[PDB]
Trainee: 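Below: one structure in structure tokens.
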Amino acid sequence: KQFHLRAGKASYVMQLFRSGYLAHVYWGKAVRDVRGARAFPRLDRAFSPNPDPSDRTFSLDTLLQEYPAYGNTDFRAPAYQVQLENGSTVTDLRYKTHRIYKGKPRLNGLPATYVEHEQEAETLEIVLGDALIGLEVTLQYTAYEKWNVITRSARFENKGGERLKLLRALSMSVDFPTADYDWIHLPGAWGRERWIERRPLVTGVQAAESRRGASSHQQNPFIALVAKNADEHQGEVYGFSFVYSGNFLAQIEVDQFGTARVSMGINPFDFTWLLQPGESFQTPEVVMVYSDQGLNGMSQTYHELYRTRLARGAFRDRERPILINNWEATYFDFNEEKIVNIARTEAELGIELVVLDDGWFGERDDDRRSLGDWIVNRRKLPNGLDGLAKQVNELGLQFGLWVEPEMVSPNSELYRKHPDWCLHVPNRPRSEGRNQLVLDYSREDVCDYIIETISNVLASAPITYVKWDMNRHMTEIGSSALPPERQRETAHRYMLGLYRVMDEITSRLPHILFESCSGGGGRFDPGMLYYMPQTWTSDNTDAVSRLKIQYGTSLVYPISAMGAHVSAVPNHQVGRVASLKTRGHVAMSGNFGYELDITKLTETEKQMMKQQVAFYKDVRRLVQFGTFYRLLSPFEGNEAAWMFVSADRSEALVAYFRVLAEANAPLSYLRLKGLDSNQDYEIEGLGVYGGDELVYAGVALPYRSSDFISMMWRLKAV
Amino acid sequence: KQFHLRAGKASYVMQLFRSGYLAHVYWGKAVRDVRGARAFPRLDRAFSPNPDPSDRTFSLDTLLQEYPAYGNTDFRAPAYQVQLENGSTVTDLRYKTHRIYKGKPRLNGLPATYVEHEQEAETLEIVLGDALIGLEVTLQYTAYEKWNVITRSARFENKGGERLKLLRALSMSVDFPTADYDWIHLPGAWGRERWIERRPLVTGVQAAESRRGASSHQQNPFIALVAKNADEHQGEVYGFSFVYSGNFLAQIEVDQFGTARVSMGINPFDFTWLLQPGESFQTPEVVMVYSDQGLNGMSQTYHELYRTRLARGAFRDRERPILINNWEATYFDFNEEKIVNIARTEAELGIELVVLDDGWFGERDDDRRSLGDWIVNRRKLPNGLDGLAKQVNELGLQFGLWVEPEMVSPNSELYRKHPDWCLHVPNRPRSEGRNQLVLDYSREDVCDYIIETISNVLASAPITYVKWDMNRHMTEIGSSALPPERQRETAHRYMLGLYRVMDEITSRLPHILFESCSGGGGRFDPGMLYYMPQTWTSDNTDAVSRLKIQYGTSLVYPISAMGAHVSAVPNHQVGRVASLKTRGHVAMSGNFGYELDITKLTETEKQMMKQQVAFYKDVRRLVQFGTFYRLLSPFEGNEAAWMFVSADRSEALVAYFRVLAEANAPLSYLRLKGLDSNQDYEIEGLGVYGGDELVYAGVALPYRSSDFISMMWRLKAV
Amino acid sequence: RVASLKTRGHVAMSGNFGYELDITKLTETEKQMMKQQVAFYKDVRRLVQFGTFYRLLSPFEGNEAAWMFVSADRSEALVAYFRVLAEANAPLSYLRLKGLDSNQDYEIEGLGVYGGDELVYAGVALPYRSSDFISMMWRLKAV
Amino acid sequence: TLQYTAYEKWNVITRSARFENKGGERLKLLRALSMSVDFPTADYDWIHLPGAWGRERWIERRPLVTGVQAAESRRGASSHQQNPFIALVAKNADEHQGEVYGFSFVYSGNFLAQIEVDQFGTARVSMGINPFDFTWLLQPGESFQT
Ligand SMILES: OC[C@H]1NC[C@H](O)[C@@H](O)[C@H]1O
Ligand SMILES: OC[C@H]1NC[C@H](O)[C@@H](O)[C@H]1O
């Protein structure tokens, strides 16, 4: 009774142990069979109790599982936990049946990686069951054909006569036989999202999580087990990516016997879910990627998968527009005149899209009011949104709009009319973040209002771009429309409502490129990527700061989704003075755009913009859709370097960065990756080099002084 | 507005911040005043919401707290969490009043460190309260005068008119300003408890815990923050020790701003506690220790505190008897004839105590029955317990007895008469560990039965020693005598019952030396130490294996409570063959005893035991009550070394161990600690050396081959 | 140090094998094993002395030591494993092999048939064993 | 005459030097190593085989220092103390992957296996007869083969 999933060049093996227990066997490089799946020492482990008292060698505490529970002889953290009406939390899932079908199913009300054809993947559903309480849990396994991708999710269903309160419902849980690994997660904060942190495993519990009702800047919903000697180019890597934009738990547990339990899903903390007889619960999926070619190998798998089989819309395989954003340029202080006046210059520079940011609606001359009142400010925009987009479109420029539909200002017409439409709890002070409150997306009336309001605003003007922002984390989580026994479902219901809101709006407006945002990369997760094919990576627009941020973001998320804008100096977040050349090279290593006041730019800088915009247009397809290789990590020293390679390896773009200048420095060298060794490459403005030479020998770098420098070379085969 | 606790040579500083928020300030080497407690930058941290909408510089997500909560502008792991009847988990504790009184209070139904005089310590009780729900929480702080010890615990009380469910109630929580620390905890298993694990802190969550209803072999209730360069002899160390013997959580959380939140208490997982209007809840205490003298400085503080102000009874300050246990010798196969037969030789060897282990009651020929039926098996002991004890005393030996009152075998008269007295949940298979079930000590009838039955047994014979054992971990945790809304209180109510049971039994029998046990050091925690002054360290009685175990154990617990027996070879746990000299030297480094078959020994071996016993008696006071220094760690190399120093530093005992011998080895050297540098010492059997010479230069060790060697020297001042 | 004759044999078979001890002081049991040791090494002498050598576990990095000898055509293999200090209640041990044809299944003498790709990518569970200074040696033959 | 030999089936480069005095005066070789090579970078670890009698050739992995590191023998024999072999390995190189550069001396007497890292991050690896306590005299017409 053995299940075998073949995903790309990888294998995921499961087994039915004894009387209907689902046991984990193997995950790694693909094998034909695991003959020694049951050929392991059956040991009597002291203080590991037995479901069958007669056999001391069997214990759920010492069994590698796929969906473990606590209570019946397992003392490790469970994948799920259900509390009965009698108060007990003991459950017992046994194998009932299974089914295998080509393709990949949709998740109910949740984002998920998909397929366009049946042959692209195969799905294994393992139906477990607890007969005493009628609890049915279906484990959804999907294996992609071309990629090393295994996705996992669980669907609960109450087929009993009693009420079941889910205390914990993680998306997956896998027990590794050994624990001699490091682990990489992506901690951070606002202005510095997703720093790569590598740590050795401890004997106990390690976890990255979010209690902020969002994926957050503090911890990105992604963890990975790496081999001790694994680097960017080689070694075994196991990735764990959560397709969900709310609260999450990403945990690794090492027990007494050197096994490592990796579990991931909706954070159990402050979370419950009542299941009446007949009701069901669907968990979001976790994308699990294996690679024996280091972090680059893993990331590239994620890059292709998320860009072609997660992101949607007409702009999925489309080159993204080079836009100009007015946020850092003017903030709230702007008008229709100043925007139209500068639009002439922008079109001459090669800019393709003008994006009107926060401050167009209500009385938004600051960030303390007007949220929820999505009506055009006539004092600032006399001709309205349609009039502005009109004057912009005739100059060959596209128009874009900024919205934060999940938020409501206390000082707004919406909050005066609907004070109960926000997240709150009875008789408690309503705490504010950036002087605003969170709308109750758990409610059907609130969601329907937003869906109708926003859809009309975006259709009231020839708009082809929308920036969806959110600048607050949930506090006083609760809903008036929910009974006391369902109050802890509020956070997830909010995220479900949000997913419902975005799905309907984006459907009504297919001609609109949506870009998710949240004080920068506060929601840079696979969930948001499903609804909006790109994200504002970080509010930190500093060239040097972006080195770490974009490097870490690229570990999981594709470049096509990684928004990067050239800003002004001294930087508004750090005060650093870097050359326009290096700012461009950094931003051209992502989804390229601008965000600065052109009126304050010198004629030399204005000229460099024209050159930059023209340059990125020649490499836009290469940067956004090509294979991405990281070379030098800014987390490991004074340098940063990466490169983009085409599918046929005929073209390539290389970027190099050095932050702090060294007097009388040693000669610098750079070794490349992903090029065809059996072919020569011309490095534009540097000469012809061998493909084998650039990878095995490397290339001498120009000697340069000055802080914060950058180099870009276009590589073409001969 | 600043609370200042002065514990020994250390300071613990707190302050009231704004509208009655209790904030942490400083903990480390003693200072007169922290004048810069408020002189820190007030920043607007993005996505960190504000209790005061006008002031973005204030947030509970950025405040160093003493007992933080989740829900109102704090996104880090809370010290507690309460669910109201309306379903909300938002609470808001503010300052009310505080009291300061000499001495130290007892904790209701809980073990705690104590004082014999008011002058020995002061106690600060800060009263916090949530006006809306009528919740009063009293934070209990106690600072000792001579030791660097701050103890913390909390007391809840529902003064409102509604029910309150404590989802989480940790004993303490503290926010360090920085997070540049390593952390040490004590993971392990049966036969290898408390291995010292040093790990760097991760940005996120690291934790050591227990979900087994016992402090467990797997994770000892102790974590510590140490400086990056702190070792055994120098550097800042922050110890956290849980005075509790059940489920626990010991967590460290590093946030986005590099602050470290250390929290410890009853494990929130699978735990709730309902508080009816008028009801209360007292948490166990956490003993917090600071030292700048490294790990030795921390341990020695714990040693004096736990030995003299936690352990109780008439044997607290008394030298512990050199006993002999028969468990490894005969196991279950013994009789009255065999015991008094060998007891003649045991008396002549100098042994002071004969301990009768498992197998004396009911029909214990196996570990499959009789647990619960605590009557003497007349088949094995025809003259009963009274008869066997008298034949022992007449040979000049004390008599001891083994019990496991917390358990019940399905095959027993107790279970057939009371099958609902065990821990169980409705309609679920009753899992067995070592073919036994756990008794429901949450019930008054069960406890009352045990208190009466055990007291009568131990009074039916001249017994002066008791080995209290437990060989299973709780599964299917539930009580038939509890309402469904209190089922998750079972695990803690069990521990309360056990404490009550142990407290009354040891009170009826003040003349009996009680030693706790749990398949070894399964519950070697401060909680158990309060009721029983010593503990069986590990079932692993291998001299080399005991090096790591006893080394790790001494980090927190005093040598006086660290049981160590000399066993036979090849060892029963690892099959290792070490010399009797070595096994003696390892065991004499703790509470010395024997546990092997004497009849199977040779003539030259019995003469060594006679010398070992005599030698230990001469240094028993020094070993059990002297100052302990770790010199060489078996976790860091092939060697292990430590020493005992008298209070006036005039007498010392040095132990050295070398596991694997290397051919043509470099010369070995050993530097000592805690000696008077201004005084010479005579190493017995080596010569006269200077105190400064032994500490600063060291002593050249004699070269010798073979594996598993040991050296022991007595040091006397001239 | 006192180590068993079996492990002493297994270590010496991992090189140019020979003997250097007083045979007259050996017990009957020890001389029997010695005869089997000589016969066994003769079967794998060409493999050990002229085959491809792979190191698996380093005794400079941990409590273990492991290596294997692979023939030129990768149809034969001799795997040796060593564990020095025994730990009580030890975690399960595993050993991943190297230098085998992943497309072929291999027969481990005594145990059974394992996949070449399995032996390299997944590894094989080792028997739990007590006592210090233990050794295990398996002959591998392509199916 | 610098002698270089490259094998076909193996990644083996062998090196040796041959001195010859074709002048009128006599020359004194104070040092005559078999080879020397300057690596452009020096971000490597190095492995040598130190030991003693009864424990020869233990593996020792160490990071490179900016300066001089060397294994050598002054015992008139290759010795148990230091085996005539050193290697430059990549920082992430192990038993199964990574770039390694082995240097093996085909000589049984005194040796010097030295790695020097200069002010500009270059690594000079040289190996040959130990210069210490060693000289060689070349009269006009005489030769010395390393
Ligand atoms: O308030 C507007 C501001 N919010 C945060 C976003 O990330 C910025 O780009 C900008 O849109
Ligand atoms: O079964 C008895 C056994 N239980 C476990 C203890 O640790 C042993 O010493 C012995 O008392």
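Every chain is numbered from 1, with letters handed out A, B, ... down the list of sequences. This depiction is restricted to one part of the PDB entry, and every contact reported falls within that part. Numbering of ligands and ligand atoms starts at 1, following listing order.
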Trainee: What's the drug at ligand 2?
Mentor: 1-deoxygalactonojirimycin
Trainee: By the naming in UniProt, what macromolecule does 1-deoxygalactonojirimycin (ligand 2) touch most in this deposit?
Mentor: Alpha-galactosidase AgaA
Trainee: Under a 4.0 Å cut-off, which other chains come into heavy-atom contact with 1-deoxygalactonojirimycin (ligand 2)?
Mentor: B
Trainee: Under 4.0 Å, heavy atoms only, figure out whether 1-deoxygalactonojirimycin (ligand 2) is touched by the backbone of B:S518, its side chain, both or neither.
Mentor: neither
Trainee: Tell me which UniProt active-site residue of chain B is nearest to 1-deoxygalactonojirimycin (ligand 2) and the heavy-atom distance to 1 Å.
Mentor: B:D539, 2 Å
Trainee: Among B:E328, B:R434, B:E404, which residue places a heavy atom closest to atom 1 (O) of 1-deoxygalactonojirimycin (ligand 2)?
Mentor: B:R434
Trainee: Checking contacts here: is it the side chain or the backbone of B:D367 that comes within 4.0 Å of 1-deoxygalactonojirimycin (ligand 2), counting heavy atoms only? Could be both or neither.
Mentor: neither
Trainee: Which UniProt substrate-binding residues in chain B are reached by 1-deoxygalactonojirimycin (ligand 2), meaning they have a heavy atom under 4.0 Å away?
Mentor: B:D357, B:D358, B:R434, B:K467, B:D469, B:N471, B:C517, B:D539
Trainee: Per the deposit, which organism is listed for chain B?
Mentor: Geobacillus stearothermophilus
Trainee: Starting from atom 7 (O) of 1-deoxygalactonojirimycin (ligand 2), which protein heavy atom do you reach first, and at what distance in Å?
Mentor: B:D539 OD1, 2.3 Å
Trainee: If you draw a 4.0 Å sphere around every atom of 1-deoxygalactonojirimycin (ligand 2), which residues of other chains have a heavy atom inside it?
Mentor: B:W327, B:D357, B:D358, B:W402, B:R434, B:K467, B:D469, B:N471, B:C517, B:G519, B:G520, B:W536, B:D539
